[PDB]
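Notes for the one structure printed next.
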Number of protein chains: 2
Amino acid sequence: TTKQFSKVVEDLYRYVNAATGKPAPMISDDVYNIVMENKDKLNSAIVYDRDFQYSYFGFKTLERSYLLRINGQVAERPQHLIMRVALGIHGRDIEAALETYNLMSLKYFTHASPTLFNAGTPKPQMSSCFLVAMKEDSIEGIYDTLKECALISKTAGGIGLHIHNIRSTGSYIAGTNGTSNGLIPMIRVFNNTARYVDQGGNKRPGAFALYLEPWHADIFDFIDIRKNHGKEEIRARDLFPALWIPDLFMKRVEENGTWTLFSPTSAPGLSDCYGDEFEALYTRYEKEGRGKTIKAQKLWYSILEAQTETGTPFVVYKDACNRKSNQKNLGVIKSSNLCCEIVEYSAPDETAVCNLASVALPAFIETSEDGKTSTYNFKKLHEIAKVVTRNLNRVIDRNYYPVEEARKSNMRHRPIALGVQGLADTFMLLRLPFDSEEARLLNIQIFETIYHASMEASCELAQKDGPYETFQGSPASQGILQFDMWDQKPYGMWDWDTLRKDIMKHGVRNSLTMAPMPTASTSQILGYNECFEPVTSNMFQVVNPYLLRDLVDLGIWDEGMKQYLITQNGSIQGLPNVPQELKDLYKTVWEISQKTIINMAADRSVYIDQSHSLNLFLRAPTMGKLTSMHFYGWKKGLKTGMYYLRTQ
Amino acid sequence: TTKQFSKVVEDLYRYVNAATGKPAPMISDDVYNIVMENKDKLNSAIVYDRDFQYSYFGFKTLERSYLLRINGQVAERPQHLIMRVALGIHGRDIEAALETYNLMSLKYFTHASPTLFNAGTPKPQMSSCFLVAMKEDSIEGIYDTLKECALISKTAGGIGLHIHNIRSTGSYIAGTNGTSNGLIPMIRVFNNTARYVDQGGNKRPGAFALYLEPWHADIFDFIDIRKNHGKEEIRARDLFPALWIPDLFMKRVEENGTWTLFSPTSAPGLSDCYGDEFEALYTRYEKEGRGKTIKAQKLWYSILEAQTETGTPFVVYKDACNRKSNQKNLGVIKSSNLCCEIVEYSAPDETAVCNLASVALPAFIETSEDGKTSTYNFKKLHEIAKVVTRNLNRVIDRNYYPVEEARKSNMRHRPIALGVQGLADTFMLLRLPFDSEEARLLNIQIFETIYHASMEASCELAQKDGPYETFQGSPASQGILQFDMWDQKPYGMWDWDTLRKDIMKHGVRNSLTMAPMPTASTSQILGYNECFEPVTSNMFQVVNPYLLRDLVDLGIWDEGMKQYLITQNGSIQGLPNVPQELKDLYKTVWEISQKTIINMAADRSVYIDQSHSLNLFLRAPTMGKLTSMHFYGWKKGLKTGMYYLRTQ
Ligand SMILES: Nc1ncnc2c1ncn2[C@@H]1O[C@H](COP(=O)(O)OP(=O)(O)NP(=O)(O)O)[C@@H](O)[C@H]1O
Ligand SMILES: Nc1ncnc2c1ncn2[C@@H]1O[C@H](COP(=O)(O)OP(=O)(O)NP(=O)(O)O)[C@@H](O)[C@H]1O
Ligand SMILES: Nc1ccn([C@@H]2O[C@H](COP(=O)(O)OP(=O)(O)O)[C@@H](O)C2(F)F)c(=O)n1
Ligand SMILES: Nc1ccn([C@@H]2O[C@H](COP(=O)(O)OP(=O)(O)O)[C@@H](O)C2(F)F)c(=O)n1
Ligand SMILES: [Mg+2]
Ligand SMILES: [Mg+2]
């Protein structure tokens, strides 16, 4: 189709829905005027040959859901989409747009799907998720919340909703002899609304995540919300249950002690405090017989059966999240998000927003020596991270907010979330086993630099535009950075004294900056493995590109391989003519020590403002196994103990 | 249990929910202070022996759901409940309360269930239904409406909701390539909320009625909402579909012509006009090819199949309702209510309210001559109707409104709805066949007096408190009363010249006053047949009290009867030793000419401000039969062509 960018913008901007005779522009007024006023500079900036930097499936993903279409026909070329995003982000700052265009077109990084969809369009909703607070334990608060969720659902983005404050089943209701129906019937109302506000196009069906602390009396039905064999009307098939767990629960379980189930109305404040204060308030309520005591392990057993069967509920630690958040001065954080990476404050008048982008880790690998060997360019990584940090900052300002609570939240705290992809690819290119000592060090270094860089750029922005509204009084304002809250010394590749000094001096423009996300779709566009996890399989059919090369360079790649791989689930262990060095490098996530996965996750966590979507893979899932993985992650101090639990 | 009224009030007022330690009073502060300040006068006013004026099933209905309970134990005696209602209605006007107490305790009349439940209690929601308008064709308007319906559902009362303004399936949506899901998926959202806001106690499960004009493009799925064999997720099992039909549809059907289906967005204003203006606007839209043309009879056939199978959709005529409403100066009436008797104006900021009460028609029968024979006391009926009119007026002022839209509506137009019960009983006591010439005259007279009386008392109230806010400009302000709008002369038993003169002079306190309702439960308490319909059957087992007496006075009542009745569906026709005079008097509604039912309904309609719940009973339901019944009622000028369609 058409090549000239300014021309594609014209078509997209002048578009009319023929069947209705309604003008339906796919580009904002402001971005259109910016393209027209710089058509020469923008048109001759694009390198159309870079469109060949996408694999078959990569390109297909873009064509299928990303490239803007005109009457069902793809109107945009990948380069067109990238310049649109660049402009949608930087506006009149053309020099900034050109930089983002080249870096993105060269695959150094990319933005989240909502941004690739909507940046530069009339309703530019560029954020990935929203953390919504249940407004009030009332029919009015519940329906105001339902309305808010529906409006948010109109456009792109997932929702995280905490419901700790809702009255449990059988609870008393003043003004009637009836009693509360509890969480399930209310959850089912939300399930139904998620299915109705369907036509976002950009939107993914349900995509709702529910957060609940384990002491809520309706806890047992809540965790079984995704079973496909329940009592039928007690399930919520399109929503995801997530546990907001206090350390107290884990200790009682580990002690094989007791656990008490409370209706929030008969035991107020439990979600409005954490740590020691929560334990004192909980223990006290427990002694006064305000709830129903049970054996901690009884609840625990149901949790593992539910995860083993459905993969849910996710596990995120309430105390670790609150104790180690730079937003702790805002109040108590009552939830995470749909993908368990965002840890931001929310309230009835404030819905936290996810502003995402991921850095392409493999793009920093280079020979730079003599060849054969290859090194990692941390200096370049640092440089790009600062670029992305500025981008996500602009996004906060140019974003279209579906609801006022989301605007209020984002403008006040300006949280940001940089992530990664291609970690596995990186280790593979550098020929480093995922569970090796070298890979462990690289993991630490990469995250240390991205964190230093994001905070450095954020500090520069604070010098230019002032700190975010709630910066004063935050841990960062007192020189307490993320790793300090883990009581560790940074690795040291970068200078933290100077950065910390500058931060205390000038502050930072963003309250948070890190939150490695799943990148399920955006990683598919760049052709790398998802985020920070090992490859799930070494296998239209496509065998691991790196495994292929090596098997060819040994000639050993015949047909007794292509057939093996497909049969043994992309696994090459226990395979005859394959060097040990290759078996060690191309291990599958099912073949890697889940304990090593959790260590590296803990290592990089000291440099993560928020959290990260840690999926756990258990091949032979026994109860005791799954139990030690949870407690191992918990004692490791992780925030997100587990996102999805995948089995096989 | 306890006898002293003031004492029962004390217990009900001091009540504490033991399991919670929460004070939970069942009597308002104001009504409590009024009882305490007049305990002597109130206690010695009650005639406890009147509690024996209730049949077994009558009393049981009261005990089961009406008499206030304390910890699951009945605390109120029927007399206690009546004085509570009297006080709840009249407040400090003790003389008024005493009158209502005696008349109610003597069974001259009663108030609707919501009033018997809640009058005199802390949240006195005494109204029976609300007519709600879909706020806007937007996700926001839909969810604001959903919220409003949920809040209303918290307490007693049914809901009528018109959705003519919602975008049809496939309709275009600006800002996305997705298209509208249409009515069904939205209806299902409402169905789900009706099931969730369950714990009103006083409340009846779903109880939602939906109103839609037959030109809406989603009309075909809408009318099949109650089929128990549909595509499963296209049904709304707990909601009732009601058609808001324009004369144009009936004419096209009768002409075997065409009918066009429009999405309101591609054909605006259709529900915002009626009569000639609607036909001109409709015809015009039709010619401009804005919708999908079909054969009128195709839709018609589906309507009858749906009614024949489910008993729905109800049929209420849009043009007859609007053309003959005293509220026509407010704007276009877009719906009726759950029971098809209320015809009141509604809008986004105004939810019409049903304030109901029914007069016990048999209570005015008396020998007053010499015996054997008996006459009807219209003077007494008139007197009581004025009493009830004043009561429903007080209710409007002392009522608790669930939502602001309902308060705004009721305070502005002050609509009232008097009804009846025991019509069948009346004819039976007076030994008048339902389909006789005598019964026809009595029907006309009774309704003429209740209408004259309600308007007379309403006029007195206007002289005391001023006309309702929107009285000026109404048909009544121009001397146009209900029968004038049917272009008929009143029967004449009462003097209309003087009343009409006074009305034009001083106005009336209420915009509307008549709306004979089903009285399904309240009629069970007084022991009479429902509202204005013939007995459905002459048969714990209980044979018609009047049929019993007669069969005994002939001795012919043995056992070959009790056995017959139960077998022949309480029918005595084609029965050997029974005088023709008895067969004619005790005909069943299935044995009475549906055409005679519709005539008497048309006769009394000239004296009905709003409409009346006209159920239609067809024994051998063929299409052509059901068709002529609809067109016969339509040409008769009825507003409510049909409520439920019962078959057998
Ligand atoms: N009619 C109802 N049907 C279903 N759930 C209800 C109902 N009324 C209240 N609830 C539940 O009770 C809570 C809402 O009570 P809400 O309407 O705010 O209070 P209220 O009527 O003023 N009574 P209370 O909260 O005891 O003072 C929520 O957790 C609801 O799910
Ligand atoms: N995401 C959605 N999912 C399901 N139905 C939708 C969605 N968006 C809109 N609708 C339907 O479209 C109407 C609401 O559109 P609304 O949200 O008010 O308009 P909008 O987004 O501003 N688009 P438009 O009305 O064309 O200008 C209602 O009839 C909805 O049921
Ligand atoms: N097309 C998409 C893709 C993702 N998302 C949202 O981003 C979150 C996770 O994004 P991800 O998997 O890390 O990243 P991408 O699709 O942007 O690659 C989900 O919670 C989401 F709600 F699913 C979304 O709203 N729309
Ligand atoms: N216990 C009750 C009884 C009735 N109603 C409402 O009044 C309407 C009809 O009342 P009805 O049958 O004529 O009268 P009663 O129960 O008051 O005798 C329904 O639409 C209703 F929604 F069903 C109600 O809300 N609660
Ligand atoms: Mg409340
Ligand atoms: Mg709109």
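The chain called A is the first sequence line; B is the second; the pattern continues. What you see of chain A is 90-628, 638-746, where the numbers are those given in the PDB entry. Note that chain B is numbered according to the PDB entry, with residues 90-628, 638-746 shown in order. These values consider heavy atoms only, across backbone and side chains, with no hydrogens, waters or symmetry-generated copies. Start at 1 and go down the list; that is how both ligands and their atoms are numbered.
Notes: drug at ligand 3 recorded as gemcitabine diphosphate. Here, the chain sharing the greatest number of close atom pairs with gemcitabine diphosphate (ligand 3) is referred to in UniProt as Ribonucleoside-diphosphate reductase large chain 1. Other chains making heavy-atom contacts shorter than 4.0 Å with gemcitabine diphosphate (ligand 3): A. Remark: among candidates A:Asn426, A:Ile614, A:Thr611, the nearest residue to atom 18 (O) of gemcitabine diphosphate (ligand 3) is A:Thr611, based on non-hydrogen atoms.
An N or O contact shorter than 3.5 Å is missing between A:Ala245 and gemcitabine diphosphate (ligand 3) by distance. If you check each of A:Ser447, A:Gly247, A:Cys428 against atom 8 (C) of gemcitabine diphosphate (ligand 3), the one with the closest non-hydrogen atom is A:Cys428. Checked against UniProt, the GDP-binding residues of chain A with a heavy atom under 4.0 Å from gemcitabine diphosphate (ligand 3) turn out to be: A:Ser202, A:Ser217, A:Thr608, A:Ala609, A:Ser610, A:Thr611. When each atom of gemcitabine diphosphate (ligand 3) is checked for a heavy atom of A:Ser610 under 4.0 Å away, the hits are 16 (O), 18 (O). Counting heavy atoms closer than 4.0 Å to gemcitabine diphosphate (ligand 3), residue A:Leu427 contributes side-chain atoms (C-beta onward) but none from N, CA, C or O. Result for chain A and gemcitabine diphosphate (ligand 3): the nearest UniProt active-site residue and heavy-atom distance (1 Å) are A:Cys428, 3 Å.
Counting only heavy atoms, the protein gets under 4.0 Å from atom 15 (P) of gemcitabine diphosphate (ligand 3). Short contacts between gemcitabine diphosphate (ligand 3) and A:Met606, defined as distances under 4.0 Å to a heavy atom of the residue, involve ligand atoms 13 (O). Of all protein heavy atoms, the one closest to atom 13 (O) of gemcitabine diphosphate (ligand 3) is A:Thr608 N, 2.6 Å. Per the entry, the organism of origin for chain A is Saccharomyces cerevisiae.
Heavy-atom proximity to atom 1 (N) of gemcitabine diphosphate (ligand 3), evaluated over A:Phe206, A:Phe219, A:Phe297, is greatest for A:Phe206. Of the N or O atoms in A:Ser202, one or more lie within a sub-3.5 Å distance of an N or O in gemcitabine diphosphate (ligand 3). Binding site of gemcitabine diphosphate (ligand 3), heavy atoms within 4.0 Å: A:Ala201, A:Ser202, A:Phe206, A:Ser217, A:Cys218, A:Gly246, A:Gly247, A:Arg293, A:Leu427, A:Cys428, A:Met606, A:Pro607, A:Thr608, A:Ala609, A:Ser610, A:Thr611.
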